[PDB]
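Chain A is the first sequence line, chain B the second, and so forth, proteins listed ahead of strands; every chain is numbered from 1. So this one's X-ray crystallography, 2.0 Å, going by the header. Hydrogens, waters and symmetry mates play no part in the numbers below; they use all other heavy atoms, side chains included. We count ligands from 1, going down the list as the structure has it; atoms in each ligand are counted the same way.
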Number of protein chains: 2
Amino acid sequence: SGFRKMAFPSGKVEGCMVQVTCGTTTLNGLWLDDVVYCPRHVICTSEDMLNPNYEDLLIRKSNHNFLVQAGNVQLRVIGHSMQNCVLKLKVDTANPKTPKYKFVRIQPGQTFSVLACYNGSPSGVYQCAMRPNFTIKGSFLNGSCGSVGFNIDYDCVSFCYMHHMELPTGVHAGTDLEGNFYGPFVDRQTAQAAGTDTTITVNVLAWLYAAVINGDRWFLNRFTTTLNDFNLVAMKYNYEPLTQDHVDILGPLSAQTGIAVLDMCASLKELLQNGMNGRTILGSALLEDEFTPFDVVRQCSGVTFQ
Amino acid sequence: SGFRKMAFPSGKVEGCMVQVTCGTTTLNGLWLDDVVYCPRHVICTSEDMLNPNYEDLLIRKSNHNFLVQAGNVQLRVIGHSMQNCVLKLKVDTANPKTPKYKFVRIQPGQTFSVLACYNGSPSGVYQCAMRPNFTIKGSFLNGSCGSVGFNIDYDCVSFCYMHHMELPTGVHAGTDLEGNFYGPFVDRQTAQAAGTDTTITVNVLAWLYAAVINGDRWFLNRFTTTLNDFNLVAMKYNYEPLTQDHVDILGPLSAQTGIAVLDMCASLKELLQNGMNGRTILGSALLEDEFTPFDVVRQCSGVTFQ
Ligand SMILES: *[C@H](O)[C@H](C[C@@H]1CCNC1=O)NC(=O)[C@H](CC(C)C)NC(=O)OCc1ccccc1
Ligand SMILES: *[C@H](O)[C@H](C[C@@H]1CCNC1=O)NC(=O)[C@H](CC(C)C)NC(=O)OCc1ccccc1
């Protein structure tokens, strides 16, 4: 038993990270087959980042202006193109460590692992969730751009995130691997407000089920509720509304614990109105929403990968 | 900026995990050079685990009773010996993925990454601390034994933990890689009490420094204190006493933030006596003690590894 914020094993992604240098700027790239993907602001200087015209900046760059390094080996760039906010550098060498991979654009509330890198070398791995306002609460410093977020499905790595920027409020924004930003953000150094950050209700419920599986049952009450009555309370506390699809997704967790979803909603309603009164749940004094129902099943059943 | 519970990249350890089967029992082994390390209770049946005599049980086992599998490849066992609570199986093939490695026995308060495995395949990675009572608060199910804890120092993997058992209270116990248990535990299925779990004060202070580096300064007060006066308050709340060595270790964090260690101790003293009043620090409503001063420097400066 026990419950931890668990990241995916990073071995399959570590072998795909390279260092990309253009002039003075160095960030990380993702080397898959004979293509390196990296944020397009690698072609910017520090003054270009206030109001970059990426088309005009890219005209003055040739293949030989991009230095791609995989540890101590040099990759020769034989072609380059811009796809939305990412650059695709065609190199002369296919990555021999290329895993089975897929590009996926995730939905808010879904979780993934981030392999934080600097100069193309892994620094650490952690788990996070795409917030409802399309930000992530990450840990990134200068030089971390090009670090990727991923999920693993048995033997297939699903890349879903590439890091680009930090907002003035301390949260982080990036793109999918086709270069499309999550949310309304643009890759320029300007004031950009993020919307309201709401709590992922279906994830909180899955975490409460994980608590019951692990022996924390003090929050279970004798009340029940309805979907409409719960959502009326949930909206007041900036919680995401619960839908029938969410109830179906929680179905297997409800069957394993013998606690109906609406009964768990009533327990959550009491926690939202009266607080936790200094108590803790799974070692936390707040309601955690960065575990999906799948994350809970995966950790409480011991799913493994290639 | 930002701060996350960050684990080490697991790639170098994933290539060392194998599956070890003896009769009906299957757990994980660590394959380094031509030696596989695994918990010795792999030779037990379910009834042997109440009161195992490991010497008598091992007499009835030959080399060919141990089935070692690295994915789909079979390793031939050419020798076996018991070193404390671990078995060393000599195999005919040296692991070609053997990294630069070291065996280290860690001290309470130190942190490390756990690669949770089942059937020799990685399931996930998370960060934890050796508690002062020599337990860890992990996430382990049946079949997880032989999973290892590790640190990375540039290119060298330091193995410090191998998982063996879960206590009735839900916490976890294991050995170093020489088979010596952390704490007074023994590998038999019997009631074993753990001591009082105290809070690692030096780790809390490092985490408060990480909060200041990341813009959370509401808890900073105008008071200071002395080491003796702080420890008098710390002992009442089951906090580990702070020593002069701890002050020296926090030195670099104190110099980077311009906040003297004793001034931070006064802020902690106020948090212990008056609580946090519903506020949060780095997104937590409790005082976190699973970040060492080195972990904080490493994450806030972007240290990378091979
Ligand atoms: C890429 O490595 C870097 C990552 C940042 C550095 C601090 N933390 C991060 O996540 N990204 C940038 O420097 C990025 C580049 C633009 C061309 C998009 N800008 C950025 O994040 O600036 C921070 C900021 C911008 C505007 C107002 C306040 C802060
Ligand atoms: C090895 O895979 C396994 C790991 C356990 C299973 C549940 N969570 C874990 O961490 N270890 C054992 O089954 C271990 C074997 C003995 C020979 C040491 N026993 C164990 O942890 O039993 C749990 C327990 C023992 C006594 C009282 C209450 C619970």
Notebook entry, point to check: What is the name of the drug located at ligand 2?
Noted result: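 Its PDB name is GC376 (bound form).
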Check: Which protein or nucleic acid chain has the most heavy atoms near GC376 (bound form, ligand 2), under its name in the PDB entry?
Finding: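 The chief chain, as the PDB entry names it, is 3C-like proteinase.
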Next item on the list: List the other chains with a heavy atom under 4.0 Å from GC376 (bound form, ligand 2).
Entry: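 Other chains, by heavy atom: B.
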Notebook entry, point to check: Which residues, given by chain and number, make up the 4.0 Å heavy-atom shell around GC376 (bound form, ligand 2)?
Noted result: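 Going by non-hydrogen atoms, it's B/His41, B/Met49, B/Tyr54, B/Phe140, B/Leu141, B/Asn142, B/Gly143, B/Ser144, B/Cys145, B/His163, B/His164, B/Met165, B/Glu166, B/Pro168, B/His172, B/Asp187, B/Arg188, B/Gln189, B/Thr190.
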Item checked: Contacting atoms of GC376 (bound form, ligand 2), where contact means under 4.0 angstrom from a heavy atom of B/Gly143 ->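 Per the distance check, 2 (O).
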Notebook entry, point to check: Which organism of origin does this entry record for chain B?
Noted result: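 Per the PDB entry, it is Severe acute respiratory syndrome coronavirus 2.
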Next item on the list: Identify the covalent attachment point of GC376 (bound form, ligand 2) as residue and atom, or report none.
Entry: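 In the model, the covalent bond from GC376 (bound form, ligand 2) is to B/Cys145 SG.
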Note to self: Under 4.0 Å and counting heavy atoms only, is there anything from the protein next to atom 8 (N) of GC376 (bound form, ligand 2)?
What the structure shows: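 Under the 4.0 Å cut-off, atom 8 (N) of GC376 (bound form, ligand 2) does have protein heavy-atom neighbours.
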Notebook entry, point to check: Of all the atoms in GC376 (bound form, ligand 2), which lie at a distance below 4.0 Å from a heavy atom belonging to B/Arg188?
Noted result: 18 (C)
Next item on the list: Name the closest protein heavy atom to atom 19 (N) of GC376 (bound form, ligand 2), giving the residue it belongs to and the distance to 0.1 Å.
Entry: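 Protein heavy atom at minimum distance: B/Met165 CB, 4.2 Å.
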Check: Which UniProt active-site position in chain B is nearest to GC376 (bound form, ligand 2), and what heavy-atom distance, to 1 Å, separates the two?
Finding: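 The UniProt active-site residue nearest GC376 (bound form, ligand 2) by heavy atoms is B/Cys145, 2 Å.
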Margin query: Could you tell me which UniProt domain of chain B does most of the contacting with GC376 (bound form, ligand 2)?
Written below: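 Mostly the UniProt domain Peptidase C30.
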